[PDB]
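This entry carries glecaprevir.
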Amino acid sequence: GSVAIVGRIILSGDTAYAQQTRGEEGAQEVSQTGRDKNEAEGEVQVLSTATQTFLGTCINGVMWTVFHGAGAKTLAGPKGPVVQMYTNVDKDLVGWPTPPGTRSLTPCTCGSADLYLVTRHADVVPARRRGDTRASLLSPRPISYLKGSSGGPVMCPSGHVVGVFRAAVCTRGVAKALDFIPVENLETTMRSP
Ligand SMILES: CC(C)(C)[C@@H]1NC(=O)O[C@@H]2CCC[C@H]2OC/C=C/C(F)(F)c2nc3ccccc3nc2O[C@@H]2C[C@@H](C(=O)N[C@]3(C(=O)NS(=O)(=O)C4(C)CC4)C[C@H]3C(F)F)N(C2)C1=O
Ligand SMILES: [Cl-]
Ligand SMILES: [Zn+2]
């Protein structure tokens, strides 16, 4: 089974919109055959396997997502399934060559502490950065609000990408903070010998 693109999260600065591109049947077919003839576009994709769904974020020519969503699976593409370029279980990180037609977000170099997560439902969730990999939510959220958004982007006010959403700091079913793979750690992954 392959990972399939089933939609994209269109970013328009302050707001986002979730556009579905595959229904359940089409999604399953793309994952089964590993072949996807739709011309992809955008920077944030909605991804699905046979059993799960989550997000992927295009950065530095690679579409990144979480290992706990994609495993080591191939990505369905126009020429057939595409093997993962990066697979790091320790970081819960995987990457494929960015699908043709997509574009990459720019890594943030402005150091702003005011961040926002874009969820799979196109919700924008403000957060305040707390160290390298964490950001505290301005408003607590039920975990169901954030489920399915692993692999989505954490952004700065200028529309730069700061990190890739990995996990929620969550007790008693309420998320208080975000854990994300910082963009600098993606560059390290692309530099690791
Ligand atoms: C309690 C909780 C919120 C469920 C949990 N918090 C939590 O563990 O907090 C601690 C303390 C602060 C950071 C974190 O340190 C531990 C690191 C965990 C990890 F992430 F690195 C991780 N590495 C793995 C590597 C290999 C195999 C499996 C792995 N499994 C992992 O974590 C698991 C999964 C991850 C998850 O749910 N991610 C999200 C999501 O949407 N997934 S998903 O799309 O629906 C779906 C399941 C389809 C793919 C974004 C959060 C959303 F729900 F908000 N988890 C549990 C959590 O977030
Ligand atoms: Cl990391
Ligand atoms: Zn920035």
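By convention here, the first residue in the shown sequence is residue 1. No hydrogens, no waters, no symmetry mates; every other heavy atom, side chains included, goes into these values. Order of appearance sets the numbers: ligands from 1, and atoms from 1 within every ligand.
The structure holds glecaprevir at ligand 1. Counting heavy-atom pairs under 4.5 Å, the chain with the most contacts to glecaprevir is listed in UniProt as Genome polyprotein. In this structure, chain A contacts glecaprevir chiefly via UniProt domain Peptidase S29. Closest protein heavy atom to atom 3 (C) of glecaprevir: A168 O, 3.5 Å. Put simply, atom 22 (C) of glecaprevir has protein non-hydrogen atoms near it, under 4.0 Å away. At the top of the distance list for atom 37 (O) of glecaprevir, counting protein heavy atoms only, stands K147 NZ, 3.0 Å. In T53, the part holding a heavy atom less than 4.0 Å from any atom of glecaprevir is the backbone. Within the 4.0 angstrom cut-off, atom 1 (C) of glecaprevir has no protein heavy-atom neighbours.
Distance screen at 4.0 Å: atom 56 (C) of glecaprevir has no protein heavy-atom neighbour inside the cut-off. Which parts of glecaprevir touch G148 is read off a 4.0 Å heavy-atom cut-off, strictly below it: atoms 41 (O), 43 (S), 44 (O), 45 (O). Close approach to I143 involves these atoms of glecaprevir, each under 4.0 Å from a residue heavy atom: 3 (C), 53 (F), 54 (F). The protein non-hydrogen atom at the shortest distance from atom 8 (O) of glecaprevir is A167 CB, 4.3 Å. Contact atoms of glecaprevir toward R134: 12 (C), 13 (C) (distance under 4.0 Å to a heavy atom of the residue). Checking atom 12 (C) of glecaprevir against the protein gives a heavy-atom contact under 4.0 Å. Residue contacts with glecaprevir, taken as heavy atom pairs separated by less than 4.0 Å, involve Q52 solely via side-chain atoms from C-beta onward. Annotation: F54 places no N or O atom under 3.5 Å from an N or O atom of glecaprevir; distance criterion only. Of the listed residues (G151, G69, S150, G152), the one carrying the non-hydrogen atom nearest atom 44 (O) of glecaprevir is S150. At a distance under 4.0 Å, no protein heavy atom can be found next to atom 15 (O) of glecaprevir. When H68, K176, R166 are checked for heavy-atom proximity to atom 46 (C) of glecaprevir, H68 turns out nearest.
Distance remark: protein heavy atom present below 4.0 angstrom from atom 53 (F) of glecaprevir. Residue contacts with glecaprevir for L146 involve both N, CA, C or O and side-chain atoms from C-beta outward (heavy atoms, distance under 4.0 Å). Using a non-hydrogen distance threshold of 4.0 Å, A175 does not register as a contact of glecaprevir. Residues with a heavy atom within 4.0 Å of glecaprevir: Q52, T53, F54, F67, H68, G69, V89, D92, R134, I143, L146, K147, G148, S149, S150, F165, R166, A167, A168, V169, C170, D179.
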